[PDB]
Structures are given as C-alpha cells and as structure tokens.
Visitor: 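One structure coming up, written as structure tokens, with questions to follow.
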Amino acid sequence: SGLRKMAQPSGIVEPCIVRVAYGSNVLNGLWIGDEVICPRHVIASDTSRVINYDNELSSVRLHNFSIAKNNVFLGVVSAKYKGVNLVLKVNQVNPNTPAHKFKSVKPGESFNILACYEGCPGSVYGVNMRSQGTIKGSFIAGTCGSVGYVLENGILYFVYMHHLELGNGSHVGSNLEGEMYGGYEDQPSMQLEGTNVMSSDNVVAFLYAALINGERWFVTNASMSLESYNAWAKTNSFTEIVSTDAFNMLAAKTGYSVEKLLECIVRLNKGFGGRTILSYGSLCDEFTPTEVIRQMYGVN
Ligand SMILES: *[C@@](O)(CO)[C@H](C[C@@H]1CCNC1=O)NC(=O)[C@H](CC(C)C)NC(=O)c1cc2c(OC)cccc2[nH]1
C-alpha cells in the first residue's frame, strides 16, 4: 500500500544529456543521433530583457557553441530554430541514442522530468500537466533544456523541454517540435498563466487510491450523476468527465462507483475540515488513473 508521486526510471535518458553553452549562457541539450536540441534562448545576448530572436540568430556563429558530455566535445555544423528550440547538427552521433519517438502530452497527463543542471542530470521526478499547459516542478538557473519523457508500451517518448517560469511560479516548456505548451512566449514576461482547472479524472483516481489504501471516512451515503457533476464542474473550475472507462478496474476492485466519488469531490472541495486523505489536506489532481492502478495493483 501507499501512494507516492513517482517517475519512471531515467537510465535510458541520462546518456542523452549534454551541456550547451553560448557566450555567458549555460543550459542543457538533448543529444540524439547527430543532433542536439536545446532552448533557443541560449544564443541570446541578454535573457533578462525581451529578445529579438531574429537578431540573435543573425549574429550567431556556429563556432561559438560549446557542447560537452564529460570529455566529449561536440562541434556544431548546422543550427536552425525549430519553434522555440535550436536544433544543432553536431559532428558525432551519440552512440547511446535510444530508440525513441516524439509526442505531445495533454492537460491531465503525467510524465517524468529529468532535471539537469548545466549538462549534468541531477534528479528525476514525476509531473502532471495543468489545464493551461504548465507543470509544477522545481526548476532553477541552469535547468533549461531539462527533458520530459514517458515510457508507454516499451516505447520511449520525448515530450517536454524546459524553458521558463511564470511570475506565479508555474513552469513552462515545449514539446520537442518547439511548440510551447500553453502558447506562452519564450520571453522574460509577466504573461499570466490563466485560470487553473482541476482534472476531475485525476481527483477521482486520488480518491480511489485512498480507498485502496483502506481510507474511507470521506465516503457518504450519497452519489452524484455524471451530468450533474459536469454541470457543477463547469462552474467550479474542474474538468467535465467525458468517459468513465478509465475507472472500470478501480471501481471493480474497490467496489465503489465513480458517482460516489463525484459526490465526494463536490463535498470535499468545500474543505476537509481538519481531516486528511492519504495525509493530504486538500484534493490532489496530480495522479492519473493509470498511475494509481500501476503502483497500487501492479498492472497495465
Ligand atoms: C533557464 O535555465 C534559462 O536558460 C531558465 C529557467 C528558469 C529560471 C528560474 N526558474 C526557471 O524555470 N529560464 C529563464 O531564466 C527564462 C529565460 C527567458 C525565456 C528568455 N526566463 C524566465 O523564466 C523568466 C523571466 C521572467 C520575468 O522577467 C522580467 C518576469 C516574470 C517571470 C519570468 N520568468
């Protein structure tokens, strides 16, 4: 038993991380095949002020890139923007390149961050994408270009590359196509996140996790229909439930219908009144149904 926010193991990704520096800027890149992908602001003269990315590319010089992995130095032979990333063709193929694909995550989906510090993998942790496209992580100077990934059916997907932190502390990055999640600009900007909408699917999963753990104080003699819940969600900054297929196994194994837990959400969102659930003091939307099934029952 127990519920922990976890990451899938990082070994397959670690050999792909390099240090990328240009001028006084230092961050991380992803070395796969004979390409290094990194945030394009590494070439900007002054990242503390609004950047004209046209001007920074016009004045770039390929020789000024410093790219390294331990005692391997990589020379850049071509540089392009691909969205908000640089794609740098280098003079050596990474012999440890794993088989991989690219995909974009969606709001409510979980993935893993390999947090990298000026080219050195430092830590690994799980995240969940918020409705506005942000994540809540722990990123500091030197961590841009840290990589998000997910393993799904024996396939490694690269899904995220880190760029910035909003004034409210939320973390912003791009897919590996260089499309910023949420559409935020790669600028030092007071751009606003927008209103956060909780993932109902994930809150339901969290309550199922508490039931699996043997905690059931919060369940009442009541149950809310799906249309009723969805009408409430729309006015209370929760997502509408579009399918209950993700909960069939959880309902079957716990004996509790999704509608019982929908009633719990509406009631608990008013406050836990000093109680906790899985030691939390408020509802948590960080765990997907898949995450809960996998770590609590060991299947899928
Ligand atoms: C990368 O390491 C840079 O290479 C860095 C990561 C952030 C540092 C603190 N937490 C992080 O996630 N990214 C930045 O420093 C970016 C660089 C931009 C995109 C060119 N800037 C910010 O994240 C940033 C600047 C400002 C700001 O200014 C003015 C005002 C409000 C928020 C804000 N975020």
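By the PDB entry numbering, chain A shows 1-300, in order. The analysis underlying the following values was restricted to heavy atoms, covering all of them including side chains, and did not include hydrogens, waters or symmetry mates. Method of determination (from the header): X-ray crystallography, 1.5 Å. Just follow the structure's listing: the first ligand is 1, and inside any ligand the first atom is 1.
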Visitor: Just wondering, what drug is modeled at ligand 1?
Guide: PF-00835231 (bound form)
Visitor: Under the nomenclature of the PDB entry, which macromolecule has the greatest contact count with PF-00835231 (bound form)?
Guide: ORF1ab polyprotein
Visitor: Only heavy atoms of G167, strictly under 4.0 Å: list the atoms of PF-00835231 (bound form) that pass.
Guide: 32 (C)
Visitor: Using a 3.5 Å cut-off on N or O atoms only, is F139 in polar contact with PF-00835231 (bound form)?
Guide: yes
Visitor: What protein heavy atom lies closest to atom 20 (C) of PF-00835231 (bound form)? Include the residue and the distance to one decimal.
Guide: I51 CD1, 3.6 Å
Visitor: Do any nitrogen or oxygen atoms of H41 lie less than 3.5 angstrom from nitrogen or oxygen atoms of PF-00835231 (bound form)?
Guide: yes
Visitor: In terms of atom number and element, which parts of PF-00835231 (bound form) are under 4.0 angstrom from non-hydrogen atoms of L27?
Guide: 4 (O)
Visitor: As an exercise, identify every atom of PF-00835231 (bound form) less than 4.0 angstrom from a heavy atom of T143.
Guide: 2 (O)
Visitor: What atoms in PF-00835231 (bound form) come closer than 4.0 Å to a heavy atom of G142?
Guide: 2 (O)
Visitor: For PF-00835231 (bound form), find out whether one of its N or O atoms is nearer than 3.5 Å to an N or O atom of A141.
Guide: no
Visitor: At less than 4.0 angstrom from any non-hydrogen atom of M190, what atoms of PF-00835231 (bound form) do you find?
Guide: 30 (C), 31 (C)
Visitor: Give the atoms of PF-00835231 (bound form), by number and element, whose distance to some non-hydrogen atom of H171 is under 4.0 Å.
Guide: 12 (O)
Visitor: I'd like to know the organism the PDB gives for chain A, please.
Guide: Feline alphacoronavirus 1
Visitor: Regarding PF-00835231 (bound form), does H162 bring an N or O atom to under 3.5 Å of one of the ligand's N or O atoms?
Guide: yes
Visitor: Nearest protein heavy-atom contact for atom 31 (C) of PF-00835231 (bound form): which residue, which atom, what distance?
Guide: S189 O, 3.3 Å
Visitor: Is there a polar contact between PF-00835231 (bound form) and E165, counting only N or O atoms under 3.5 Å apart?
Guide: yes
Visitor: So which heavy atom in the protein is nearest atom 16 (C) of PF-00835231 (bound form), and how far is it from that ligand atom?
Guide: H163 O, 3.7 Å
